[PDB]
> 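Submitted below is the structure of interest, expressed as structure tokens.
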Amino acid sequence: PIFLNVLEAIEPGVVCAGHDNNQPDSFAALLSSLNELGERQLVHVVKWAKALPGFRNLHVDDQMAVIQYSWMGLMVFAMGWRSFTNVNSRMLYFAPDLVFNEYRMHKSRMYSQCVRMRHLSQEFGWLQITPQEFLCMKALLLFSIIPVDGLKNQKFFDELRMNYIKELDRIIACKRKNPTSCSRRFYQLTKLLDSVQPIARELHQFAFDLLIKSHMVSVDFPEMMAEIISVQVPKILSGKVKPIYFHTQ
Ligand SMILES: CC(=O)O[C@]1(C(C)=O)CC[C@H]2[C@@H]3C=C(Cl)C4=CC(=O)[C@@H]5C[C@@H]5[C@]4(C)[C@H]3CC[C@@]21C
């Protein structure tokens, strides 16, 4: 079980936001905490990606680009998994010290996005997604958004993405002998994977908008987050970089 051994081994451990839960649930306090958590996670996201099987095969430039493009989707998906495994998707578990209940969802000003993320988290339960499927799908999300015009080394990327799909295929078939059973599961998993993209798109828009009006005085947005939102996110929003949907949207 080489492939799965690796996925489990490189999976980041718990990361706290450093949020003081005694403070009032203001937009400012929740924003400060979310961003701090964001910057902290990004640190782990980069090391995670670079330790992924075959990732080093990508051109240096494509490595960081791909990481930065899928960043948001990766955080949505993983966050959704933590909510499911920790609080049975009852609340949004961004971190042990930063759990969103109804009031915080409203206070953050991303209530609808949170509700959509809550749905996503519940799909992990309805579909009975295994830790194995979760890990392989999360890795695939890393390879699910690229420039329309292509990456420095597009063929290496396509090769890699294909191999990860093949792995997701092995997972599904490991305990399934009748093809139909397998096809049904693949359908379910690819539909779930797709559903992450629309949510990340809205979060991308929300982040961009906030960065702009925030720049006015408080450019308090962390460094790495600030770089991705000002340099990479617009490429997505303007349509130069797009997600790779499995099914027609
Ligand atoms: C309230 C809000 O706007 O949050 C945002 C901004 C621009 O501040 C917009 C989208 C927010 C991001 C969306 C999610 Cl799913 C997160 C998940 C997660 O596990 C850790 C907490 C972070 C982020 C990446 C969060 C950082 C603050 C963002 C970027």
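Numbering, chain A: per the PDB entry, residues 671-919 in sequence. Order of listing sets the numbers, starting from 1, for every ligand and every atom in it. Looks like X-ray crystallography, 1.8 Å, at least that's what the header says.
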> By the name used in the PDB entry, which chain has the largest number of heavy-atom pairs within 4.5 Å of ligand 1?
Androgen receptor
> At ligand 1, which drug is present?
cyproterone acetate
> Under 4.0 Å, heavy atom to atom, what does cyproterone acetate touch in the other chains?
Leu701, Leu704, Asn705, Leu707, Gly708, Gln711, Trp741, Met742, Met745, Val746, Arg752, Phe764, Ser778, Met780, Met787, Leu873, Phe876, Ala877, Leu880, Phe891, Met895
> Provide, to 0.1 Å, the distance between atom 20 (C) of cyproterone acetate and the closest protein heavy atom, together with that atom's residue and name.
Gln711 NE2, 3.0 Å
> Quick one: which cyproterone acetate atoms are inside 4.0 Å of a heavy atom on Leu880?
3 (O), 6 (C), 7 (C), 8 (O)
> What protein heavy atom is closest to atom 1 (C) of cyproterone acetate, reported as residue, atom name and distance in Å?
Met780 SD, 3.2 Å
> Are any of the N or O atoms of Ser778 closer than 3.5 Å to those of cyproterone acetate?
no
> Hey, which UniProt domain of chain A has most of the residues touching cyproterone acetate?
NR LBD
> Can you check atom 22 (C) of cyproterone acetate: any protein non-hydrogen atom closer than 4.0 Å?
yes
> What protein heavy atom lies closest to atom 12 (C) of cyproterone acetate? Include the residue and the distance to one decimal.
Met742 SD, 3.9 Å
> Show the atoms of cyproterone acetate that are less than 4.0 angstrom away from any heavy atom in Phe764.
17 (C), 18 (C), 19 (O), 21 (C)
> Starting from atom 24 (C) of cyproterone acetate, what is the nearest protein heavy atom, named by residue and atom, and what distance separates them?
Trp741 CZ2, 3.8 Å
> For cyproterone acetate, which is the ligand I care about here, please tell me if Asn705 has any N or O atom under 3.5 Å from one of the ligand's N or O atoms.
yes
> Just wondering, where does the PDB say chain A originated?
Homo sapiens
> Which residue and atom name correspond to the protein heavy atom nearest atom 8 (O) of cyproterone acetate, and how close is it?
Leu701 CD1, 3.0 Å
> Specify the protein heavy atom at minimum distance from atom 26 (C) of cyproterone acetate: its residue, its atom name, and the distance to 0.1 Å.
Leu704 O, 3.7 Å
